[PDB]
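Opening remarks: the structure here includes salinosporamide A (bound form).
So you know, we letter chains A, B, ... as the sequences are listed, proteins then strands, and number each from 1. Per the header: electron microscopy, 2.5 Å. When a ligand or atom number is given, it counts from 1 through the structure's own listing order. This depiction is restricted to one part of the PDB entry, and every contact reported falls within that part.
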Amino acid sequence: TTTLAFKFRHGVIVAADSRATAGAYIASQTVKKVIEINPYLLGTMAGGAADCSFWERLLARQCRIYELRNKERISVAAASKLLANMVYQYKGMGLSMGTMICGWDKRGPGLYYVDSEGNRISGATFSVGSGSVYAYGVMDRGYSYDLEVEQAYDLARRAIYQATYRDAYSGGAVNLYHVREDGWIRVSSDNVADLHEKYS
Amino acid sequence: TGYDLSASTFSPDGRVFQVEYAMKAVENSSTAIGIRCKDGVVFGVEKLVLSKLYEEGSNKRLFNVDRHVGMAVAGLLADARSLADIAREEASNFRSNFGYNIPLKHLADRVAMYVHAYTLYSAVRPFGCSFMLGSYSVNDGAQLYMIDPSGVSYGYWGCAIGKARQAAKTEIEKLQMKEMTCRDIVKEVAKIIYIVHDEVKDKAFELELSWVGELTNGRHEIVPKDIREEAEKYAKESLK
Amino acid sequence: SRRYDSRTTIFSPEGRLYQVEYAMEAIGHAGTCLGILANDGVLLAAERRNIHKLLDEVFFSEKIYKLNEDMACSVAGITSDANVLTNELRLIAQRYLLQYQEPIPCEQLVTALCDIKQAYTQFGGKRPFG
Amino acid sequence: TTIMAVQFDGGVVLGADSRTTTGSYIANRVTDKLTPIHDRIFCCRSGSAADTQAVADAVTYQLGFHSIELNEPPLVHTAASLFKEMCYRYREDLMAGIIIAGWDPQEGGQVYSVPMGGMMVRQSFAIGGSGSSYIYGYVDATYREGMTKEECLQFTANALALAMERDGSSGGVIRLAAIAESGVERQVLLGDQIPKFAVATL
Amino acid sequence: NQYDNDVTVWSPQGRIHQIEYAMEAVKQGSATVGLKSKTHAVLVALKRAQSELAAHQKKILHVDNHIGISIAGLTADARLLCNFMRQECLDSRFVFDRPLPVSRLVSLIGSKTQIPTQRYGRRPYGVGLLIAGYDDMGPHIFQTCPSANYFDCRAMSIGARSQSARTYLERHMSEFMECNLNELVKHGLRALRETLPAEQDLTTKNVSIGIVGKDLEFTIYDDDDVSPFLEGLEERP
Amino acid sequence: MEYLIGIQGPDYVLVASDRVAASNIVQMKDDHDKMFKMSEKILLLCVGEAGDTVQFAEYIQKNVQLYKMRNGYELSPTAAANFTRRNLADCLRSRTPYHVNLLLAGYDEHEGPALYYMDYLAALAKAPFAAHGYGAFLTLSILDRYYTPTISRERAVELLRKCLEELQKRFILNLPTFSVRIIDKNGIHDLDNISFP
Amino acid sequence: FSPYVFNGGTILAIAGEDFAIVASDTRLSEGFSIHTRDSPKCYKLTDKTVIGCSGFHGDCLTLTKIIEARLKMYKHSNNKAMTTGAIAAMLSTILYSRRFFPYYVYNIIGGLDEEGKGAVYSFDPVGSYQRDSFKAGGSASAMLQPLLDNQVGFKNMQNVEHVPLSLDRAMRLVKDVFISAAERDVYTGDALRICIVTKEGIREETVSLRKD
Amino acid sequence: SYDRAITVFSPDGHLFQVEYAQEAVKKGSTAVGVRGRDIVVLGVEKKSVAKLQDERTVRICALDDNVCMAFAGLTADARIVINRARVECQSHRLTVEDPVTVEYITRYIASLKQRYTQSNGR
Amino acid sequence: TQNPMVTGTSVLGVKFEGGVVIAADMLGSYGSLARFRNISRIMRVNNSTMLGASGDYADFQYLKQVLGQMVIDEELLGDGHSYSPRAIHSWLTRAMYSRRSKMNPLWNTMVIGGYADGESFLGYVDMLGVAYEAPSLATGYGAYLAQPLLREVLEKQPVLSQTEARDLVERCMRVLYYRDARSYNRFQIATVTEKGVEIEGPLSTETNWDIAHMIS
Amino acid sequence: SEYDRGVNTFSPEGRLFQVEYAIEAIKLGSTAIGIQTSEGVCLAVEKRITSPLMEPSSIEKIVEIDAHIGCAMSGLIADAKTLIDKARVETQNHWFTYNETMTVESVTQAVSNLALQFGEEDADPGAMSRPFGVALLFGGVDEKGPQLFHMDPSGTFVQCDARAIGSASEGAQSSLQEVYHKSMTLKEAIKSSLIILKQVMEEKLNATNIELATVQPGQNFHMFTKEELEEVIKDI
Ligand SMILES: *C(=O)[C@]1([C@@H](O)[C@@H]2C=CCCC2)NC(=O)[C@@H]2CCO[C@@]21C
Ligand SMILES: *C(=O)[C@]1([C@@H](O)[C@@H]2C=CCCC2)NC(=O)[C@@H]2CCO[C@@]21C
């Protein structure tokens, strides 16, 4: 699994692979590792597929309830805090979750890393999964806050592509999302075979 | 004064009037009769039909509490059904713990204690039903017990509950039931039922008969239809 | 149950809690207690209603109780209720000393006891402390 | 431990050894493993001393209450059922092998076995314990139908002595009880009363 | 009166006045008829609401593929009982893989309803029920009263002015056993028409039908679906 | 492993922590704050197991601020430390123990500066200087060598720099930048971060 | 004491434009023995949905009963039958409710969506599910899946027309793939049960596989 | 536990206990609030005993740094409500990481009072 | 139970035209010791249903208690509805699965046989809750030694008579006495037909030991 | 006396006393009107403003249950908050479990199940002591189209075409009888409801003393702003 996210001047970039594995058998090559919590808020999934899906869907329900009660959209920090509090109750019981919560709120862009161990950290650049180490190098050598939108797209695609090249448990396609002030857009879904053709 | 509103209140003369009012509820019901002979027990109920729209077998007042134990009720039918379920549960628990069929005296004592537990508190209401339990076994013989809304259980040779209990008792005292057979007892039960019924006030009725004895191998069951119809013929002949 | 219920914790048509007013009447008839605050100290002075010749002296005082190392109280009203409340005051002070390892401030102790006494005027169907 | 019960026409005969062991040390050498549950109902206890004592006391309590409420002498089957219920419910927690023998007016003399696990079976003779293994062939060869009380007593004593010779966990004295309608008679066999069998010598 | 406020108080006459007051709730409600042939069972319900905009309130409910009920009295109590019956049938299918016999369901209902009548601070269920069912013993019509008493009927009407329907049914009950489905439903509709004030008539709006039988799951015919049955029904006398 | 250090002076307390948040072999964050503000003159520094640190620290913070709201004055450092030890000790034998190592720094108007050390078993000690982590093993002797009770805050910052330089020379972990705060009668002051290029 | 055992079995689902196909083998086994040769692993839920369960048989039976009950409850509460996607989401929550003592069941749902098109949903034992176009599950899933990737998905094929899948070609492919599976997998054999879901309803077919 | 129903309906559709609580409010000290352009003004009536009251620890109370409350009626009830509100404010700071809105705490207090008009034994 | 103590070996079942036949030996083993040699492991549930069990005899006796009480409770109502063999099979499956899910199994393997509405029923339940139906069944070591012969007969001739089925059961019992160490020479045969449930008591098999002289 | 009777006592006429008294409490509230058309559902309520110092924007008589369902309330408005929270939680739980939107009838039924759940004994701690003094109008759009439902304190819920609740219900209901036809457009419904509300209100209808909301197929729940309200008010 390779998931990636970074904040730049024009918003948040989220990218993921699409390979689901059960041992060394490739169960799927079209899995969706990004959950759409609300039109302004996204989450990523790494680790246990069922765990991440269930708990982030539960977060989506709670966030909708918040919006109904308080007549205002929830903040990224509050959503990440809710998820961390929810998963702390099941510590030591074997949950495997690694999540990035991304959005735009009254403080601007936001990106938070939440894992089942208990971490909740804010940051400008994150990568989770088996291939996260390979994505970190490309992202760190290419990342600037003053990137242009197409440059940011290309950097994210390149980092996920290199991770799939080196990691056995990553592959399939690169699914890309751009969080902007008016909401997130689906940018592209590019197969890594076509990216191999483009980059070689 | 309000000395009669709770079952946890005595009156100045030492009476619990709520239990007496429940007994009044029993006296308004139609009459059930039980007769015991050396080899068995016979139960007869006058079952009033309040409309012709009702099927045959509606509002049964005779229950099977155990495969050897039968029950004949009078009063409030819902209370009687709840009590029948209590008795069934008692018999089941006895078989599961001690491993044989419950003696009738023990079952009557347990159910009478359960009934008595409702005559002590303001939080619950007394039962508005009276009932007879009947059984046969080789070891214990033939047993007939009666339980009233206060919780008193007594053994009988012949018992009657309901509206025409006194007239029925007068009729039952005319039988030398100890040296009779269950076949004769069925005809006599039917005859007494037809005697005590008041056609002017109560319109129409069915006769509900059951028995338990060596004739049935200690199993409580409904009297077979041919025996029932023969007994009804005898009863209608006797009334002229 | 409804017939025998005295309904202690309800309102009157004028917004009054009647059992509390009756308990105040009980306190108006007890022995006098006065407290005076000075620059160098503070004092309590009570009148003793146990003035029979055949009474024996034992203990420390009749109406003055020591709650802590730094606090004391005097009571007016029903004596048994006072015994209950003083036991509870001592418990509250020692629980605070266990939690924070400092002696409790006086107003915090008063507030805790008064929360207990407010509880009896709002729910439970029991009589207040006189 | 070696416990035995044999049924004859009109009653039962029970017999046991008298050894309590904590490992290889004999803590009690004259113990009574025959317990009066009721007037004509006895149990032979095998396994954990504490567990069997507790179960026996509980069954004695329950059976006495039952007999007072019913105003009848109890049945042997009822006592066996109470033992079976308790031993099956707490089978994970208890190590208790029981033999229940007795006389009642309805069925006569009866012998029931409740092994570990909590099953209940009626037998014409029952043996139990660790020494019971060594006398299975002997009881199968020697048991005959229609024995009298004296023959049953001799048969039980012979079997128990044979078991005590070969088992390190059995020994001491032989305790016997005969239960019939007329009541209970108890005997102790010690020393030269215990049957002797010649040992092979070269 | 000191005897008429609690369900735990007996009167000196031997009655419980709260249970009678609860039966009054069934007497006030809208009328329903139920009847059975040798193969089918039919429930006919007179739907009505407060105003014409307000759609006629739902009187016939689906309990199981072989059981349906009609309601009279307090609708929330009726939904409580309906949920209880649905759960009992589901548990029977889970454990024994067979449908629950109808008589045993009515026994369970009677057990449920009797408990509140014996305890302080509780009330009866102010609902009268008509149960239509099919099982291995044939078709069944059952009546349930707030007193926890239940009846096995050949036919029955409950509600307001239902005595006239009961009179009609008694007059014609010998025919029902030999009827076909349309004839049986028309008999029920005539009985239900007997309760309406002389000006009112039976329309596709105010009538609901419920049918169960040997080879038919419980069906609720409302609206256009009832037009096949309302056809060929002579005018009132 | 994470590093905490505290130095007590005549009228001040000086605390420093590292700014690294790590997962496996990567540094996920390099500007992490490990200091929690209990009141206007109390700081709590917490390291240990993930999740346990923030949950315990924020529970303590919430209850201390609730004391301020309810009573109109603030807990003293000693009382806050004893409250913390009570809660950690109570949870020690339950099913949800916290694996946290803590330092508590404070200033009291009547008692002066205070530094408190607490391990994960909930033993509470009062110290002139203290440290937590694997780097403590390397820097406690430097504090023993150069600390005097009458030390000024300029000299305290110099001694802190010595300790952090030793960590840069001899420690196997990459701890490149440190957060530095001081507590005095005027409250909590953020000093410059100590960074090594 | 082990609360699980492996009872074998292979299931297959293929989605079409106007059809769905769910197939399974009918052998029930334990260890090296055969329990029965006539135990199908496909169950009808609605007139538009079929489910396929493989794994531990006790869990399969219990889950089938639970799903049927939930469908009846939904129809009581909401007055309509459940859709294929709603069933999939409900099953996901049912599976996650046993997260710390799981159901050892592999589930494939096949049916029609609300536009009348074919839909296949695949689950793992804890409730992660995905919408697919074809899917294999069970003991011979690793044998069956690559062939379906090649023949239905046209993967690794160069200049091959992507003609839409027809019901005839799909039926032939299912039969051939199960014939190949029964050759190499010891848990697969006996008979093949094929259920075809269309707007006209559900239609069943049975073909024979080798009995050794 | 005590499970009597205190607040019940009267024949005219009135909850008499609520009306009597409103009478209790009518007996209390007068509080006036004015909303300004930049300020908010809160004034209360004092019942002052000459020379003998100690007003050193008495404050108009603060729920957080940004919200103030004034009460009329039974003072002990007001103390209970204020402490509950303060606990809720700290919980909101923990769970949302932002200070409360005035309407949020007003909603919490109003729901608490409503809950006490529909509970057994209160 | 976590450790079985007194156990029974294998139970056999065959359906024929007009009913079902079930067979079991009368032995309870305490490890390798043939301890209780006269116990019955077949039960008459009702006039249409019979049951046989292998495994822990105490768990079997508990089940006999519960099932008997359930049948009596149903017969008290007198409403003309009885339990079918299929309903008892489903109840048994639910009971075993519930016990397994609590990690407290009933250590039994059960065969249910019945005849209702002119149709024969034969069903298998295992300790874990695996349940199914088949035309012949065998538990324990009979699954390896007896099921082959029964299956071979049934594949060729799918419908049997009572005589043929009984003969086949006797052959299979002989094979089990030859090759199972926990087996006994006395068995019982239960039959369910339209007349009900009939149990035939201590039966023995005729053995052949001629190969003993071929050892040389 | 007030405590002679329990809360679960029947009248001699067969009605629960507390429910009848709560229904009488319904008659003291503000007037709400709901009209159902093939183009959607319209809900109009009157804000009963007692003082010029009250800010009318804090009076919420119409709430959003979900994007497809809205509610209008009359009576004891504080009691309605529990029911509304239950409705919101039910719709979100349904979306979580089934990945679809709830029907208006199911939401109404779920809320109506809470209505008679009151008592003194044999009830869990945290149970209700009295009924709810609110009438609710639910309006929404589901696969059956635009649906309008009415709920009263007895637990009874019905489906309605046009409906008025509150103090002026009888006269408003008669007017709705006169003006409702099945072929109305949503604009006509809005205008007709405002005409009737103007007729029954004791104040003069301006854009700050009323509330109006619509639910249409495709468009979500919409609360009218002041400007749109003035646009509609101009015609009346
Ligand atoms: C990724 O971490 C990974 C994915 O299968 C999983 C499935 C989809 C959504 C969440 C991410 N989880 C795993 O267990 C395998 C092994 C490592 O990477 C996986 C492919
Ligand atoms: C017998 O089984 C035995 C006895 O100690 C014990 C004594 C009291 C009555 C019950 C039986 N139990 C034991 O554990 C030892 C070891 C073998 O036999 C014992 C002697």
Provide the name in UniProt for the chain that contacts salinosporamide A (bound form, ligand 2) most.
Proteasome subunit beta type-6
Other chains near salinosporamide A (bound form, ligand 2) (non-hydrogen, under 4.0 Å):
D
Help me out - nearest UniProt active-site residue of chain D to salinosporamide A (bound form, ligand 2), and the heavy-atom distance to 1 Å?
D:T1, 1 Å
Closest protein heavy atom to atom 3 (C) of salinosporamide A (bound form, ligand 2), given as residue, atom name and distance to 0.1 Å:
D:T1 OG1, 2.6 Å
So, does D:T31 sit close enough to salinosporamide A (bound form, ligand 2) that a heavy atom of it is under 4.0 Å from the ligand?
no
D:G47 touching salinosporamide A (bound form, ligand 2) at heavy-atom level, < 4.0 angstrom:
yes
Check salinosporamide A (bound form, ligand 2) against D:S46 and write out every atom of the ligand that is under 4.0 Å from a heavy-atom position of the residue.
2 (O)
Provide the residue and atom to which the entry gives salinosporamide A (bound form, ligand 2) a covalent bond, if any.
D:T1 OG1
Numbering as shown, the atoms of salinosporamide A (bound form, ligand 2) that approach D:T21 to under 4.0 Å (heavy-atom distance):
5 (O), 15 (C), 16 (C), 19 (C), 20 (C)
So is D:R45 polar-close to salinosporamide A (bound form, ligand 2), meaning N/O to N/O under 3.5 Å?
no
Extract the source organism field for chain D from the entry.
Homo sapiens
Considering only heavy atoms of D:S169, which atoms of salinosporamide A (bound form, ligand 2) have at least one such atom less than 4.0 Å away?
17 (C), 18 (O), 20 (C)
Just curious, which residues make up the binding site of salinosporamide A (bound form, ligand 2) with non-hydrogen atoms under 4.0 Å?
D:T1, D:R19, D:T20, D:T21, D:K33, D:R45, D:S46, D:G47, D:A49, D:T52, D:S169
